[PDB]
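The following structure holds gabapentin.
Below, read A as the first sequence line, B as the second, and so on, with proteins coming before strands; counting in each chain starts at 1. Just so it is clear, the values below take in all heavy atoms, side chains as well, and ignore hydrogens, waters and symmetry mates. Ligands are counted one by one from 1 in listed order, and the atoms in each one are counted from 1 as well.
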Amino acid sequence: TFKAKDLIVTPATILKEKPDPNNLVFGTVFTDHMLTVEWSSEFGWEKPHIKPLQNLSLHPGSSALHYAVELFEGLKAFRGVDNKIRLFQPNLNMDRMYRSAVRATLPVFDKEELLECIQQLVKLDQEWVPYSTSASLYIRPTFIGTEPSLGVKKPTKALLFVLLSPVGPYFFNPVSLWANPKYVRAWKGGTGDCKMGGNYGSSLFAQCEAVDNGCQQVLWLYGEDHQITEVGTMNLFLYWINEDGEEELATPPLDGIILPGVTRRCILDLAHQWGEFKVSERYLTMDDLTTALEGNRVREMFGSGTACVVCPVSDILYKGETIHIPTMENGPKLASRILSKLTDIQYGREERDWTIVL
Amino acid sequence: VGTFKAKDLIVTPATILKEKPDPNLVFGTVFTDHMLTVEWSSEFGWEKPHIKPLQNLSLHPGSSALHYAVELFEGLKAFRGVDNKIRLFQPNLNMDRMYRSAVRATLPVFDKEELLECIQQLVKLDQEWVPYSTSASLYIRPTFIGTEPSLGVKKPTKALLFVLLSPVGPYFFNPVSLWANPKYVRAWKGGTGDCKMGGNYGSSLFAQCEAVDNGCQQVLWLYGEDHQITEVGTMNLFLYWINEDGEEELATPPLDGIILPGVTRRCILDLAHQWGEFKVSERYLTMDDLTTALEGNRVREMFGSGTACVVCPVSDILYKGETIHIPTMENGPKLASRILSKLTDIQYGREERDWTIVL
Ligand SMILES: *Cc1c(COP(=O)(O)O)cnc(C)c1O
Ligand SMILES: *Cc1c(COP(=O)(O)O)cnc(C)c1O
Ligand SMILES: NCC1(CC(=O)O)CCCCC1
Ligand SMILES: NCC1(CC(=O)O)CCCCC1
Ligand SMILES: [Mg+2]
């Protein structure tokens, strides 16, 4: 494994102008520096670099281009209202990226060395961490196989790098979802519980089909009973009165077709902590939903993820009809409370072991 | 909404040419002198195609092919006939599959004829690499990748199409042993298993490793509660046997969405249908159908088909801690061998047929 202590820094000689915080398109503007660490089965890991944001030089046969031997992560840096820059649950991302690496047969690395390197990269480009309480700096760790051979096997050459991109919003701005059981995002025995590239390229066709049909995201359905799994590539939360008549906040269980979002776990933690309603990790089907709506039992439906934190849902185009979800006419009370809590913690307006300082 | 044209090819010869390897090669290990590349932007469409010296790709770190596997590929070969004339085999099908793939990936469409000609031109240039052997060929790897310099999961506004050339011999007869663990699923109804998109492959290296660890060379992909057998590693699966009706039969899974329509598969089905010596059935095959058959002496052969092996005999399957031997080798294998001879006779010009295009 590589070590932060060996970092080699090559500052850009011409720094870019920081963008306008009020209107940023997600992941389109990049900072001045990036992190890069090369690996080869022959000599192991080389020393990590922090150099000007540049194009990668890859052999046209790199397995990442042919067999999707790749995985990524998503985490943010926030400038606290006390002007101190913080990271949110960073070690959980390191753990997920590590487990995905193993399932991808990519080379392992010392989680703490990566986190420290990332902190240094952020520290160097710190002025990119927006001066806004509604904006942040997206951190994108990426791991690709660069095996020059076309043979399908464990890579003997790989690259690990990190990009920094100042972001505002990913897309309250409620969204409509397009539900069509003809497409499946992930399946049992699959790799859907990992952030491996191969899980997203296969979804673009359905995404496109949603856009030209009036929606902004796909509602992923699975199985014979049409379980509702995720809002686009965000975890799904349903706030309602369940079949037993008790107020409840529900989300699909981690049975292998659901990605264990950090946001997801935090909302469950805050929900369990408030103890004001039942919190269940259970299955939810379209019929559980439509049945519930015609009984006026649904209050809010939203998605969770690092980019949005939470993103309310107001409609679902299903069997040829549009099903309205009373999310926005109900506040959304909980959606807001949640977003309010999480950001309060991210920007240090509240102390809690979920953030890391500079 | 357009295409690039072979008539616009800008050729740039390498000044320093590499020495060809020994025709007797590690699959996809050695590459030729030149490559083909074609840039695409949603703003101006397809650029003009180039044939330049092999070289790295200069990609933006945010390229969508590295983050969301916005990619797809193909695999075909050129053969030097026993008449020294170089031949391509069923190219038009590869172009059709790549096309259908691009669309399923939301990558930009192109004129299949133009691409094919552009490929003939690339090979034509590097024809001396086409092995002077009868058991070796040149692997043609067309590749289509998204170069969207943005982290947003969306239809790419930038793409890159290229083609690599790699002289090769074999992939690994030489029977293989299969690892059958139902905990790993290659494809699912509603997914992209029936296209050659990179996302279907990265996710299997773990199972492959688990395979070797257990003395096996490939993974037998199982699907559904009834453990249907779908593909042998990344090759289509054929089972020559006496079915439940006592009839001689050549069976192979149907294209119901989780099997990739291989060119070698197509051919083997056409040959089988043509000879009309036994029943040819595209149907569901399960481990239980296989076990029941084996413990009844009803199995003749099992083998995978693909461009790299053409045909690959299966002799064993590790299932539920038990090793199940397949008598494929103790039966010639007559069918497997017959197929190999036939396809090879045709590819190397020994047999004349429409399945090839000379250059
Ligand atoms: C990244 C991701 C999420 C959200 O996880 P967070 O760690 O909370 O960002 C949800 N679903 C999918 C499919 C994802 O890729
Ligand atoms: C490419 C491929 C095949 C074989 O197709 P051929 O065109 O015969 O080489 C079989 N199965 C999978 C999963 C493939 O990707
Ligand atoms: N829905 C978005 C992300 C997750 C998130 O932050 O919600 C995953 C795909 C790559 C961009 C990020
Ligand atoms: N089994 C192999 C291939 C197909 C083939 O030619 O059999 C697909 C994966 C990438 C290498 C080629
Ligand atoms: Mg250590």
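In this structure, every copy of gabapentin sits at ligands 3 and 4. Measured by close contacts, the chief partner of gabapentin (ligand 3) is listed under the PDB entry as branched chain aminotransferase 1, cytosolic. Those other chains that come under 4.0 Å from gabapentin (ligand 3), heavy atoms only, are A, B. Closest to atom 6 (O) of gabapentin (ligand 3), if we only count protein heavy atoms, is A:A307 N, 2.8 Å. For gabapentin (ligand 3), the atoms lying closer than 4.0 Å to a non-hydrogen atom of A:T306 are 5 (C), 6 (O), 7 (O).
At the shortest separation from atom 3 (C) of gabapentin (ligand 3) among protein heavy atoms lies A:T233 OG1, 4.1 Å. The list of other ligands and ions under 4.0 Å from gabapentin (ligand 3) reads ligand 1 (pyridoxal-5'-phosphate). When heavy-atom distances to gabapentin (ligand 3) are checked against a 4.0 Å cut-off, B:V153 comes that close only through its side chain, counted from C-beta outward.
At the shortest separation from atom 7 (O) of gabapentin (ligand 3) among protein heavy atoms lies A:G305 CA, 3.4 Å.
Counting atoms of gabapentin (ligand 3) from 1 in the listed order, those under 4.0 Å from a heavy atom of A:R140 are 10 (C), 11 (C).
Proximity of A:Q217 to gabapentin (ligand 3) is not established, as no heavy-atom distance is less than 4.0 Å. Nearest protein neighbour of atom 10 (C) of gabapentin (ligand 3), counting heavy atoms only, is B:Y68 OH, 3.2 Å. The atoms of gabapentin (ligand 3) that sit less than 4.0 Å from any heavy atom of A:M234 are 1 (N), 7 (O). Contacts between A:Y138 and gabapentin (ligand 3) below 4.0 angstrom, taking non-hydrogen atoms only, involve the side chain exclusively. Under a 4.0 Å non-hydrogen cut-off, the residues that form the binding site of gabapentin (ligand 3) are A:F26, A:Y138, A:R140, A:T233, A:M234, A:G305, A:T306, A:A307, B:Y68, B:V153.
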